[PDB]
Engineer: 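I have a structure here, written as structure tokens, and I will follow up with some questions on it.
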2 protein chains.
Amino acid sequence: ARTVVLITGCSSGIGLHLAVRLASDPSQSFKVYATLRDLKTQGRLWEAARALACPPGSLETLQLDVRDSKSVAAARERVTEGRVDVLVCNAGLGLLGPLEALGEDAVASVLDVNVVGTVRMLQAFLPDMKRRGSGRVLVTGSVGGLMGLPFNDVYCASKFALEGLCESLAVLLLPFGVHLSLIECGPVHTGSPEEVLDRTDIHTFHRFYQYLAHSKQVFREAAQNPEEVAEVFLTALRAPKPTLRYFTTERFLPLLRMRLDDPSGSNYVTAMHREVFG
Amino acid sequence: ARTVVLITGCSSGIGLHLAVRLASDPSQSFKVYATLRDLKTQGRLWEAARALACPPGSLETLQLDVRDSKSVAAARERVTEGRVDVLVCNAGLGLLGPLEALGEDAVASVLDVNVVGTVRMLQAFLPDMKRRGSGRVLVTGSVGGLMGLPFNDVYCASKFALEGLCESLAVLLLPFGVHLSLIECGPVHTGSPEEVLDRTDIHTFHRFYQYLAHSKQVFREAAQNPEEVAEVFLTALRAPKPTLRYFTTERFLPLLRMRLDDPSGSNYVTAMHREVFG
Ligand SMILES: C[C@]12CC[C@H]3[C@@H](CCC4=CC(=O)CC[C@@]43C)[C@@H]1CC[C@@H]2O
Ligand SMILES: C[C@]12CC[C@H]3[C@@H](CCC4=CC(=O)CC[C@@]43C)[C@@H]1CC[C@@H]2O
């Protein structure tokens, strides 16, 4: 039978491209449940699916809001096969700005969607995998989950949290036959100045501008095509003994090694301040 | 004048012992605001304060619930000096058990207290430090924030999140004169089987027992006295150029280095499964 895949956050970006890559696979090996918070956003997904000639029935959309455990359970019940071979936890939110300028609701939302929503997915689908002794779980990671980035304090908190969540589960899941992997992505092709200025000091504001200018230059130079990133997920899926982490690029490994080599954090803080700010 | 210190989570453990260490310092250098979620739990703190003969006025208690930004702001207004020289973000919750056995509320609470509550403290007190160009922020960390531990999935998610939060802020704060440091603690001297069994499978349940037996043995062998741990906070406070991280012990550095040296995570997962389970 087909490998049943359920992917969260398929309205755009990595989840959209992964969903159509799998559904359009020439071997027709996969049945994909592409889940979205709001079905009103499914148009780009269906435009992409048609462009790759996904066979009828290879791709289905479900509404799934990872903030709501009832929505998670209702989507699980919509899997007609009664099993999920591959779960891809990809839904996520970004949050950029001076820490004191971020709304309390926005902070709590990033954590609820990125972290608690992944926990909700894992609590809903892991038990069936553990009892069957098979299943693959892929989690969309970021280089921001491996090293702290200025003005991404809460985003990095949430991506570092997925690292701890997944590494902790991987230690237990080792002998269960259930494989969990993080796909560590760099940049991928996919408030107003006035309000930020009102909630922070002028120096922090100026540094935010510098960060934004630097970020745009790196994105322009180094963002990867979503097709190349989606193929790393497929590589992890086909591995007989998948590792805990896959990297979409080796570009940030040097910064990572410097980080990991000086546990006091001094070398990394100095190097990243220089890298972003000059 | 005195160095004004505000510490969260002083009802027991590290925060209680730190508060009385600082308030009883022979030099009388510190004025300590020991904050607690519920003032009904302040008895051990006052028993400890009297035992160390903390001078009258060296220690004051404030009610502060880090889940509530109004409580954070009301406590900030109670600092009569109108400034905080040292902020110690220590309030935290643990959560242990099979992931699928944890209540959704309990998960969301660990994240709200440990992560969003620290963000609330930083948003409330950082701006004044940045404008003055001085201030120390100490955050209670854990070895569980540096490496994933089985059956601590959500606890480790939350402690890994503080790593990302603090490292991201430290990159920005470098030139502001505001110093942020994590104090990485190992074990420190400080649901029912039936309900866990009903929410998980028998194999996971057996592994939980093994984890608990192992954890108790390590705690018995390696837990540090809270006095020794509190003194690491003082060491970070007195450093002219404090590093991002301080370690209370070097016992877990080897596991950490192995972790950091194999970015795929394979060596760490295998080593920690063997370390916990045999
Ligand atoms: C900060 C940074 C440039 C901006 C990058 C960041 C990695 C992650 C990232 C993803 C994006 O989509 C926007 C650009 C950013 C935010 C990079 C890591 C090192 C580099 O200097
Ligand atoms: C899991 C472990 C034993 C139990 C330790 C853990 C570090 C943190 C910790 C703190 C505690 O208070 C309980 C014991 C635990 C949970 C250790 C890290 C490696 C060691 O094998």
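Convention: sequence-line order gives letters A, B, ...; per-chain numbering from 1. Side chains included, hydrogens not; waters and symmetry mates left out as well; all remaining heavy atoms used. Start at 1 and go down the list; that is how both ligands and their atoms are numbered.
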Engineer: Which chain contacts ligand 2 the most here, in the terms used by UniProt?
Structural biologist: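 The chief chain, as UniProt names it, is 17-beta-hydroxysteroid dehydrogenase type 1.
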Engineer: Can you remind me what the drug at ligand 2 is called?
Structural biologist: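 It is the drug testosterone.
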Engineer: Mind listing the other chains that have a heavy atom within less than 4.0 Å of testosterone (ligand 2)?
Structural biologist: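 Non-hydrogen contacts: B.
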Engineer: Write down the species the deposit gives for chain B.
Structural biologist: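 The deposit names Homo sapiens.
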Engineer: Would you look at chain B and tell me which UniProt active-site residue is nearest testosterone (ligand 2)? The heavy-atom distance to 1 Å is enough.
Structural biologist: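 The UniProt active-site residue closest by heavy-atom distance comes out as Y155(B), 6 Å.
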Engineer: Which heavy atom of the protein is the closest neighbour of atom 6 (C) of testosterone (ligand 2), given with residue, atom name and distance?
Structural biologist: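 Nearest protein contact, heavy atoms only, for atom 6 (C) of testosterone (ligand 2) is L149(B) CD1, 4.1 Å.
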Engineer: Can you pull out the closest protein heavy atom to atom 2 (C) of testosterone (ligand 2)? Residue, atom name and distance to 0.1 Å, please.
Structural biologist: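 In this structure, atom 2 (C) of testosterone (ligand 2) has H214(B) NE2, 4.0 Å as its nearest protein heavy atom.
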Engineer: For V218(B), counting its heavy atoms only, list the atoms of testosterone (ligand 2) lying under 4.0 Å from any of them.
Structural biologist: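 Listed by number with element: 3 (C).
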Engineer: Pairs of nitrogen or oxygen atoms closer than 3.5 Å, one from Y211(B) and one from testosterone (ligand 2): do any exist?
Structural biologist: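 So testosterone (ligand 2) has no N or O lying under 3.5 Å from an N or O of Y211(B).
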Engineer: Just go through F277(B), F252(B), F151(B) and tell me whose heavy atom is the nearest to atom 17 (C) of testosterone (ligand 2).
Structural biologist: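 Looking at heavy atoms only, the winner is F252(B).
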Engineer: As an exercise, identify every atom of testosterone (ligand 2) less than 4.0 angstrom from a heavy atom of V143(B).
Structural biologist: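 What qualifies from testosterone (ligand 2) is 7 (C), 8 (C).
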Engineer: Do me a favour and list the nearest non-hydrogen protein atom to atom 14 (C) of testosterone (ligand 2) with residue, atom name and distance?
Structural biologist: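 Among all protein heavy atoms, the one nearest atom 14 (C) of testosterone (ligand 2) is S215(B) OG, 3.3 Å.
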Engineer: Quick sanity check - which UniProt NADP(+)-binding residues of chain B lie within 4.0 Å of testosterone (ligand 2) on heavy atoms?
Structural biologist: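 In chain B, UniProt ones with a heavy atom near testosterone (ligand 2): none.
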Engineer: Can you list, by chain and number, the residues with heavy atoms within 4.0 Å of testosterone (ligand 2)?
Structural biologist: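 Non-hydrogen contacts come from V143(B), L149(B), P187(B), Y211(B), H214(B), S215(B), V218(B), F219(B), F252(B), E275(B).
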